[PDB]
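Below is one structure, written out as structure tokens, with a few remarks after it.
Chain A is numbered as in the PDB entry; shown residues: 9-633, 697-746, 756-1298, in order. Both counts, for ligands and for their atoms, begin at 1 and track the order of listing. Structure method, as recorded: electron microscopy, 3.3 Å.
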Amino acid sequence: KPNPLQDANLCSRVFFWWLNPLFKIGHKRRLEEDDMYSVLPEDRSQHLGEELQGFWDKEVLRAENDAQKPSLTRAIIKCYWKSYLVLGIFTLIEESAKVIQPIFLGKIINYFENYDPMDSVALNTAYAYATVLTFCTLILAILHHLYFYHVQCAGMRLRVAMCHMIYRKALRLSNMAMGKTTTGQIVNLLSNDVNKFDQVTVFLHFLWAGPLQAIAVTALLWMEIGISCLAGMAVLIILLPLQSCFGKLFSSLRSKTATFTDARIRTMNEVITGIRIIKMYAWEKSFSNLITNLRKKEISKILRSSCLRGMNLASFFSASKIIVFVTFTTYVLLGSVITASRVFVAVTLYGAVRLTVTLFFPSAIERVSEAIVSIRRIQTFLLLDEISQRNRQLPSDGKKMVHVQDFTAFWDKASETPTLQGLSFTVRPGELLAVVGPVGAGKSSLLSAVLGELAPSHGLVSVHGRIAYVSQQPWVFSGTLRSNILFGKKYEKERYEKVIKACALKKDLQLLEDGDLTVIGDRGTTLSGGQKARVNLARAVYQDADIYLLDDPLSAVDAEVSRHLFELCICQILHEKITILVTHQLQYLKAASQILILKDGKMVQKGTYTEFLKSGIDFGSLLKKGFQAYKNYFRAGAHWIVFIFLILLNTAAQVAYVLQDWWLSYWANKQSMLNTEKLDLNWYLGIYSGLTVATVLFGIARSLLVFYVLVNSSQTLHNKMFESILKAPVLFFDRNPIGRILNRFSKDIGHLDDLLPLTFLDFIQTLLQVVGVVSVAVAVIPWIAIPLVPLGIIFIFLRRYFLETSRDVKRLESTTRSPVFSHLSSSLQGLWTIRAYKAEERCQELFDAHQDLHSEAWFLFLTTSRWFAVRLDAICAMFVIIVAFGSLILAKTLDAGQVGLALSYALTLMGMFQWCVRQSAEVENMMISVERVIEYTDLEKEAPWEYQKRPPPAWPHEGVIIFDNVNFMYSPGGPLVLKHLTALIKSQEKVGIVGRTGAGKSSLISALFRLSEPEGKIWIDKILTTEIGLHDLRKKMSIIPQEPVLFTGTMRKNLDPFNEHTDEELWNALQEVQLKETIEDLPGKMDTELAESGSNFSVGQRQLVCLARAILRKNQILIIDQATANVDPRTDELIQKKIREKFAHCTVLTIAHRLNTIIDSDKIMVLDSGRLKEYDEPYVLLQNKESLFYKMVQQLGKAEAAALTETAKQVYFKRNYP
Ligand SMILES: CS(=O)(=O)CCNCc1ccc(-c2ccc3ncnc(Nc4ccc(OCc5cccc(F)c5)c(Cl)c4)c3c2)o1
Ligand SMILES: Nc1ncnc2c1ncn2[C@@H]1O[C@H](COP(=O)(O)OP(=O)(O)OP(=O)(O)O)[C@@H](O)[C@H]1O
Ligand SMILES: Nc1ncnc2c1ncn2[C@@H]1O[C@H](COP(=O)(O)OP(=O)(O)OP(=O)(O)O)[C@@H](O)[C@H]1O
Ligand SMILES: [Mg+2]
Ligand SMILES: [Mg+2]
């Protein structure tokens, strides 16, 4: 894939003529990672990184010699200034041309003021001036794009070199350095700190060419107009602090909103995650109250910030008019006269200097400050401490030997007890050493000292030969399983097959689609813990080392696989290699030649397994311790009459803007046509002031109305969408993930509230200004309407052609960016394993390859943008040339004022055209959020909360339950769960639910709660459930779920969202559940805040709270789940006795994944794959051996089965025969 930029001329490199094949391919089909162009050798990551590293090392050596801190800024300056001279040269030329061209504009107008048809030398001079103007515009329009591309490429090169240097440092941190630093800070500084280097360079040169341009413009204005230019210059200067101060308030009003936004998002997350609970207990009204209040509070600050932004944009719109008006008011009031030559040069000079002073200089200042901060951060990181390089080893005979003597290290220098106390032992090839003792107190520290991971404070460690190390926690790096096993070294088929067979990885390969070539990312999402541990072992074996180190290799795998591995892959293969093993299982100590015991880092006893057996010490004992989108977006804001009024306001603002300059032209013509007599100053100045005031007011009004209307549309959309999602059936929440649901509330509404209206208003502003420029040009010279049609057609086709590939490249440079961060993070996590083997240059090369692959797409991202901009500027320059030459061709009709107005507007079209196109693309891109929000606004809905037939307030008066031909399915058309359930449940009786796992257990509860619409009839108190509203059905029957959830809020809110109970009743419930004492000790009495999901409360406390809530509700029908699985048996007995003694007079159903505690129920419902088999007294079912209940009881055993039978018999005798 050769780079076409390597074989390009200059007339092809200034027009970007080599990108045509790529654009053609992108138009024909979609582009992939094969289609991108490989980078040039001078842009490879290794070269740039090595260059900057050499310069930085020279600088740090010089600073060390000088006894002073180093300077990354000095290093980058000394590396890049000699290549940044040339771009400064060209930007100087460009600024000179920008300042120069209005002088020739003035010369053309000056010719036109004294038109004489008979003269021809004047016509020739005017043609020459027009040609010079065309040359200046072509310089501004064509070469500037190659200059800009090189300016951007310089920053990209700096960033790539920085990334290489940062990772090279990251691969060699020391232990304390890794401890003090964090795995998140490094990726933070590689994702949000080294990305300011793409933007510091683009606006870098405008720190010295800004004031120079302002000085040149002020001198030119003084030369032409006179003292009056200081009024315009003063307004332009005053515009700087005002704009700066209009940002320090927006920052405050934007950081005030984030609190409400985050609170709303967190509450939304709670609602979405615990949706089943809210729907079951009917708390959606309270949750809607909370969410609505938060949304209103946030929208207040959004409205304030939007009004501020609108006022700022109106100021930007009207600043030029204010400057021109005040300048010329002073110019005329000082006793001078107006001629069309000077006014329309002052206008152009003011436009240029105002743009530069308003935008580019503050942008450059901000970007330079941010880049300075980022350089400081990267320098502070780079100055971290590292390990000392492995020095020249002691001269030995080359034998593979392991020895440690008098070792004593310190993980923390401020700690008291050293990690190791005077260890002294050696091991040789063919010997298997083992280490046992406590639950792991200083277990891996021996391996750390052996590998050099621990700094030896005293003693000596002699290790010779290749080493293989297995981490306690297995680590897998992003790539492929084959590449993970290879670890960068060569691949041999026979060796790989032998390792795979000896590692029992055949089944693991079979379970994967690609076998040994499966692509595995971070954290082993496509694998399992045992598989990645086996991967680690396979890596260690395949590395073919001399010394082998193991640490907890078989704790995360099963028994047979672990035994087979430890036998075949160790006792046979490694019998000729040094081995040191740390294990927790004593069954592997039989094959261990040597066994050592360590307690608290102290040498205790070492020897053979037989000797330790004779010693009488037990190791086990020692181990104990489109368009409709736009229509719907606009309609929700306000009616169509406001749309008409907005159109009128836009047109009035633009018309007044243009009419001010037209009035200046009219004044100039009227003054020129004269004779002393004097023009009436009052009339002209009054009309001028009126037009200026109209421009300002209409601009402000248009901005405010657009902002308010779009913000109101966003608010209405959000309210409708939240009310729609709150009523969706649980099938929707089952089909969608929680993150996806919360995304459309966090990011999409985040766009709609604060970015879409501003982008839309800016686009409308610029489009109207372009339309005004073209309209003035057409009105002055009516024949310009002929080529504008070809220009528009060409522009439309060009926009389609470019955007058919720009979006593809924008996604290509984004899907190839994240692997850099992924590799950095993964290599940081597995740093110890990586450094254990001598293979770190391999990881460095892989990282550099990834960085090259990303620069491969960044290059396309730059060059395609330049390719589009070149053609756009060619079109705009063609328009300017047409105007400037037609004005001279048709000179027999026009006059000085008209020509000056047309020419000045044609000159100002520069830059404005491109900004309009870019903003249109941005708006079209951002409308997808509106599309998604509107899509969520029209979701499904469930049955109405309230029905026409309101129930009498005695509906659960007795508690009769009838199931008649009840069939339930979670999804329409899916497999059936219940088949013809027919049963009757009487009042006050306790009914238990039993069955096998997956046999439709937790389905009758959902059928009773009408979570999904059932098939059949269910009668409660001789009333059908489907004839009553859901809020009249779910409200007054209670359920205790598997795991209770506590929502963030007061305890009063948690136990009574509707505030239907008083303080005395709440305290009575708390003391009846024995939680009153536990509650009345917080700083708050009973309104203390709670963490998410009760993070500070125990599971028993959650069940206690649920029981208290049920008692407070006081429902006649109650259904409990298994509740307890691992809770303290004391708490289990407490809740059992409370359930027995509190709900005697209320119907109780008991579903459970449990036993014995469900033995006292009056009747047992037996479910076989959703079929109701047995429904009768437990004793009667136990009497028959063929009954499934008896077999399920016998599945436990014989003593427990006998106890259960006795309990059932006693319950039957006491109940049925009192
Ligand atoms: C009456 S006026 O002086 O305002 C007319 C000219 N400006 C019109 C206008 C309205 C809004 C903007 C605008 C808003 C935001 C922007 N953000 C970035 N860059 C902008 N423009 C810009 C213009 C010229 C530049 O110099 C290089 C150049 C030279 C010739 C042609 C080009 F396309 C570019 C640069 Cl670097 C940026 C901008 C404008 O411009
Ligand atoms: N990754 C680590 N970073 C810093 N200190 C560590 C690390 N691993 C162990 N240590 C320290 O080494 C010493 C060994 O004690 P500890 O019992 O925690 O070791 P271990 O080998 O990780 O334990 P176990 O075998 O139970 O997993 C302690 O002082 C501990 O803080
Ligand atoms: N939300 C659901 N959507 C689709 N199928 C489901 C859903 N919940 C359960 N199932 C399926 O329905 C069958 C039985 O469901 P159920 O949850 O009642 O079984 P269980 O394991 O006996 O009960 P428990 O939830 O008490 O463990 C199983 O095949 C299960 O996979
Ligand atoms: Mg350990
Ligand atoms: Mg289940």
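At ligand 1, the PDB records name the drug as lapatinib. Most heavy-atom contacts to lapatinib in this structure come from the chain listed in the PDB entry as ATP-binding cassette sub-family C member 4. The residues lying within 4.0 Å of lapatinib, counted on heavy atoms, are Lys106, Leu148, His152, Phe324, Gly359, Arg362, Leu363, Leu367, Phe368, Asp953, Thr988, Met992, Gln994, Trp995. Restricting to heavy atoms under 4.0 Å from lapatinib, the involved transmembrane segments of chain A, by UniProt's N-terminal count, are 1, 2, 6, 13. Per the entry, the source species of chain A is Homo sapiens.
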